[PDB]
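Figure: STAR-0215 in its bound pose on Plasma kallikrein light chain.
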Amino acid sequence: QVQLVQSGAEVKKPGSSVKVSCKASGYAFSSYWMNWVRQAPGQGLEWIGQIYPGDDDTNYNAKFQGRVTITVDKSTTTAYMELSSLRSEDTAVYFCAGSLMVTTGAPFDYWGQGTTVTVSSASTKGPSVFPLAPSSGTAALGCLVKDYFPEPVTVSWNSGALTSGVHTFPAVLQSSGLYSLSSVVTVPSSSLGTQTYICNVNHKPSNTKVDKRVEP
Amino acid sequence: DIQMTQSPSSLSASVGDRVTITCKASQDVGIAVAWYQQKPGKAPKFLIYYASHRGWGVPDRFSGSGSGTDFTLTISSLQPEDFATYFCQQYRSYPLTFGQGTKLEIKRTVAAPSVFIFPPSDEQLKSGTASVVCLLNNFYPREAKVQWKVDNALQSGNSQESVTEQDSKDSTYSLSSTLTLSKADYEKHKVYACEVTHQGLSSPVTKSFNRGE
Amino acid sequence: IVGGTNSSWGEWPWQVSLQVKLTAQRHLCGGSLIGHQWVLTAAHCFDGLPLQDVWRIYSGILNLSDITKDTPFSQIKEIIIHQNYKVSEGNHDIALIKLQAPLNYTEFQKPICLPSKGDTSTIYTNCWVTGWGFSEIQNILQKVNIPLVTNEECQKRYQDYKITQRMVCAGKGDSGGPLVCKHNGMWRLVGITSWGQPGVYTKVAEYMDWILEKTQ
Ligand SMILES: *[C@@H]1O[C@H](CO)[C@@H](O)[C@H](O)[C@H]1NC(C)=O
Ligand SMILES: *[C@@H]1O[C@H](CO)[C@@H](O)[C@H](O)[C@H]1NC(C)=O
Ligand SMILES: *[C@@H]1O[C@H](CO)[C@@H](O)[C@H](O)[C@H]1NC(C)=O
């Protein structure tokens, strides 16, 4: 089948460069335009450029011209996008998309799953986990995962034994440059005196695992 | 560059409803307009090209129309799988441009938020920072408003709000508000209150706690 | 990059369908729109059907099943078969059709650029043949990426037929259908299907002098 598989997520610092790859299969790689599109968390979709692998002809968005170089490797049928002089504003999910038509570059009938690129001067840091202790017929428990970088952080309650009513909110980038996240769950207030709730926080980028019990 | 403006930015509908999304180009793009569907965290999916023709395997309920500067996407009978963000793209001239996106949301009966307030934990205070969290649980619509009052003083610029996607079961939203204060500033005051204004509440609901109590 | 051999609207705007309405209208041959009034196809399509009154030509058409009595069509005004062509032989299988009324170029109807006189010796690497060939007639216009083969290498297989320098070899393809190859970022009509072993195509480059003279 037709597949576009991109490389894994990248974390870069300002002034460096990132090279995102897109391995294509299941079609005539050299006969279709390969387009690169990025989706910033707060600026929608933005077309970067395109390359026709057969002739290596390229068209770049004037915004990125001078910083993006789209190249292909016909042997492995892989397209690359190299964005240089990275800025924090370049943080976005970068997609490769194949043109619908052999004869023109747009529109795009198929997209890659996307490559998350995070540009930040911040350094890798494990999460500080704090409890959102319930007050005192549903009571709310929580878990404040704060000051971690890079994303993502996975939070589970009682090692998965408690999934009902669990809400893990999207992380927010703070002024410190670190991400913060809160995970909450609602349980009967009576059960607070019977059951113990454990916030299981895993941050693979830092290899840090935190298990914090939540009690009044 | 040709700008593409989609309307509305958000749109609530129910399974079986007929919904219409419009895209307006700042310049004449002829019919060189395509439509894409993107669900959260996934890649956009190709729906329409040349403003009217469906893509490979696109259900017939998806209909595109328009020409010149005004274009429309119509879904005759919304299926639960159709709720997602929709983008219009123009490829008349380079650089190719997309619309800001129109999010289709499941319409639900109004639900008032359950408001919870959490004082900063002792562990965090030892670190010199205080985070007080206000939780709005299982409410609809999304436009709940949250305000932070410190000793009846309306805080501003020191709070960040995060909201979840529609719950897969109840289609409700949940929102968290985190007022971040330094330990020095946290102890200056006594009463911390979270005031929530929502469509489903008769009057704003305020949950407060007294520091150290 | 999706769809396989199925084509998209406007992908091959030069593609035209030649049909005859004797008792039940059916598709017989493909053609290349090379101008407002000019269509280039294979001569053998007219063997036994010399009358211009019966021929209907459809441009900007993807799905032949969508053709209806209300569908617009072009009527032939002049059938210029190559003087050297003979029904008993496949050599010089190039014919020019003049439409009674000029066609308007649209997103679905555009001419295909013809090769220059000097392009008789150039080598093409990204070549495609499009048509509604047989398996019945495929409803959707098909596209196939086929590599070109040198005349010397081709003659080894068609031992029963003399492959002249005015022919191209390669190897869902109609008689008279286009053989287009992208060179220097521009698509050019390299050949015309004549024999449907490898496909054999009339080399449009060698016939440019005849094409321009008749056209002008
Ligand atoms: C092409 O379209 C036909 C419908 O006419 C369909 O049966 C076939 O599976 C399609 N092929 C591809 C590769 O999508
Ligand atoms: C082509 O048109 C016919 C009717 O004219 C329609 O039934 C068929 O589905 C069309 N082709 C495709 C691939 O849908
Ligand atoms: C087609 O071309 C003719 C002649 O140039 C012109 O009168 C007409 O407006 C054009 N468009 C259509 C839709 O016929």
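Chain naming is simple here: A for the first sequence line, B for the second, and so on down. Following the PDB entry, chain A residues are numbered 1-136, 142-221, in order. Throughout, chain B uses the PDB entry numbering, with the displayed residues spanning 1-213 in order. Numbers in chain C come straight from the PDB entry, and the residues shown are 391-525, 530-565, 575-599, 607-626, in order.
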Quiz item: By ligand number or chain letter, where is each copy of STAR-0215?
Solution: chains A and B
Quiz item: Which residues of the other chains approach STAR-0215 (chains A and B) to under 4.5 Å (heavy-atom distance)?
Solution: C:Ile391, C:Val392, C:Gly393, C:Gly394, C:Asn396, C:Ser397, C:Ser398, C:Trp399, C:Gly400, C:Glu401, C:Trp402, C:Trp404, C:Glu497, C:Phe498, C:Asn516, C:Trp518, C:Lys537, C:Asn539, C:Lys585, C:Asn587, C:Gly588, C:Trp590
Quiz item: Most residues of chain C in contact with STAR-0215 (chains A and B) fall within which UniProt domain?
Solution: Peptidase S1
Quiz item: What is the source organism the PDB records for chain C?
Solution: Homo sapiens
Output the donor-acceptor atom pairs between chain C and chain A (STAR-0215) under 3.5 Å, with atom names and distances to 0.1 Å.
{"from": "C:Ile391", "atom 1": "N", "to": "A:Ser99", "atom 2": "O", "distance (Å)": "2.8"}
{"from": "C:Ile391", "atom 1": "N", "to": "A:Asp109", "atom 2": "OD1", "distance (Å)": "3.0"}
{"from": "C:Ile391", "atom 1": "N", "to": "A:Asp109", "atom 2": "OD2", "distance (Å)": "2.6"}
{"from": "C:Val392", "atom 1": "N", "to": "A:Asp109", "atom 2": "OD2", "distance (Å)": "2.7"}
{"from": "C:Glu401", "atom 1": "O", "to": "A:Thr103", "atom 2": "OG1", "distance (Å)": "2.7"}
{"from": "C:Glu401", "atom 1": "OE2", "to": "A:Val102", "atom 2": "N", "distance (Å)": "2.9"}
{"from": "C:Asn516", "atom 1": "OD1", "to": "A:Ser31", "atom 2": "OG", "distance (Å)": "2.8"}
{"from": "C:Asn516", "atom 1": "ND2", "to": "A:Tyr52", "atom 2": "OH", "distance (Å)": "2.8"}
{"from": "C:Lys537", "atom 1": "NZ", "to": "A:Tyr32", "atom 2": "OH", "distance (Å)": "2.6"}

Quiz item: Looking at the entry, what's the name on chain B?
Solution: STAR-0215 Light chain
